[PDB]
K.L.:
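Just downloaded a structure that has silmitasertib in it.
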Amino acid sequence: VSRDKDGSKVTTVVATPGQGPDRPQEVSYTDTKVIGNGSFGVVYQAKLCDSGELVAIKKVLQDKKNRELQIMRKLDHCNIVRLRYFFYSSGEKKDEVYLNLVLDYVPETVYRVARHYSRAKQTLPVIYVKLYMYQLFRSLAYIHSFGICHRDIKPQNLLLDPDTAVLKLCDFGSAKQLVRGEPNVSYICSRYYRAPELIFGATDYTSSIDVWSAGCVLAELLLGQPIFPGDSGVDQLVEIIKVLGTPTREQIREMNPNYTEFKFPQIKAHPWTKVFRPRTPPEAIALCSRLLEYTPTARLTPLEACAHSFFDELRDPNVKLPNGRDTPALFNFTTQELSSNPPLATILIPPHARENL
Ligand SMILES: O=C(O)c1ccc2c(c1)nc(Nc1cccc(Cl)c1)c1ccncc12
Ligand SMILES: [Y+3]
Ligand SMILES: [Y+3]
């Protein structure tokens, strides 16, 4: 609204703070550069003039309540990107308004970190896989406690600080609160991480679609490549049958009950130990088998995933990041996270850090 020039170009905007009271404040940012394009809009990078901290501004068009804003405003979690401020500007289309979302700036993503190891034909050390997965499940347990389904869980949406090993879930644009009765669109997630019940056209799906997507990211981090690389919507199901086998009539009823059960070419389930490279940690395979499951209700909950034996290293008091630093926050659990499965609190929070209530 007010482009000044002190350093070279300072934009000063009355941006409402996201988390907290609707006390509109004046916020100055500089170093404005484009860091992403698309149909959603544009994402800029910037540096706040007051604090000097780095931020990312996501600019989208709005008309007449925006779901992404209402969700970003309600969420506050260490493993979720924070909506620092939001404000309404103009731009690429005159006569139209633009919602700007000022968010935490994170330098890297799980996708880019994994692509580095994949290009070198090397596998990501499991301590990274444990850390990134555990944090993703905490962010999933938090948002699911409010009934919010992310519906776009992919490695490109797992912001990452490679020095602190902190993971931030981002891109809540496709997210939605799921209520028991109301139907929801079935063509939603990113294909590589789409749940089978979504391919089967289920409109009564639950948050289990996110846990499936996470299992696809666990397998992708253990394999070096996507486990279900579907050419299209029909291939995607074919890719799942190559590993999980043909779904059982019961399973097809759990995925989409409205779906007319048919006699499918019964393919056998390829054993899980053979899908992964030799000497892949057995607990990593055991968890993936409990997340990539046809029956949505049989998939683990995000808190149950966190309590799996695969993550026991993260609960070792002597655990440290390989760069020397100590691990990021892993047991700063809030009652809301632990709301479902309360007794896991004494399992998730190890003895060496029971001060977390
Ligand atoms: O959508 C959010 O919630 C959201 C929230 C934060 C970031 C973001 C998207 N996208 C980023 N980068 C990015 C990289 C490539 C393409 C595009 Cl479109 C965006 C990014 C970078 C650094 N810090 C925070 C973010
Ligand atoms: Y999206
Ligand atoms: Y194919």
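Residue numbering in chain A adheres to the PDB entry, whereby the residues present occupy positions 28-91, 94-386 in order. Just follow the structure's listing: the first ligand is 1, and inside any ligand the first atom is 1.
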K.L.:
I need every copy of silmitasertib for my figure - which ligands or chains are they?
P.N.:
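It's found at ligand 1.
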K.L.:
List the chief contact partner of silmitasertib (ligand 1) in this entry, with the name from UniProt.
P.N.:
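Most contacts: Glycogen synthase kinase-3 beta.
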K.L.:
Identify which UniProt domain of chain A accounts for most contacts with silmitasertib (ligand 1).
P.N.:
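The majority fall within the UniProt domain Protein kinase.
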K.L.:
Can you walk me through which residues contact silmitasertib (ligand 1) using 4.0 Å for heavy atoms?
P.N.:
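Counting heavy atoms, it is made of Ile62, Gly63, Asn64, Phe67, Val70, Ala83, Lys85, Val110, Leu132, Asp133, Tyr134, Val135, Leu188, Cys199, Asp200.
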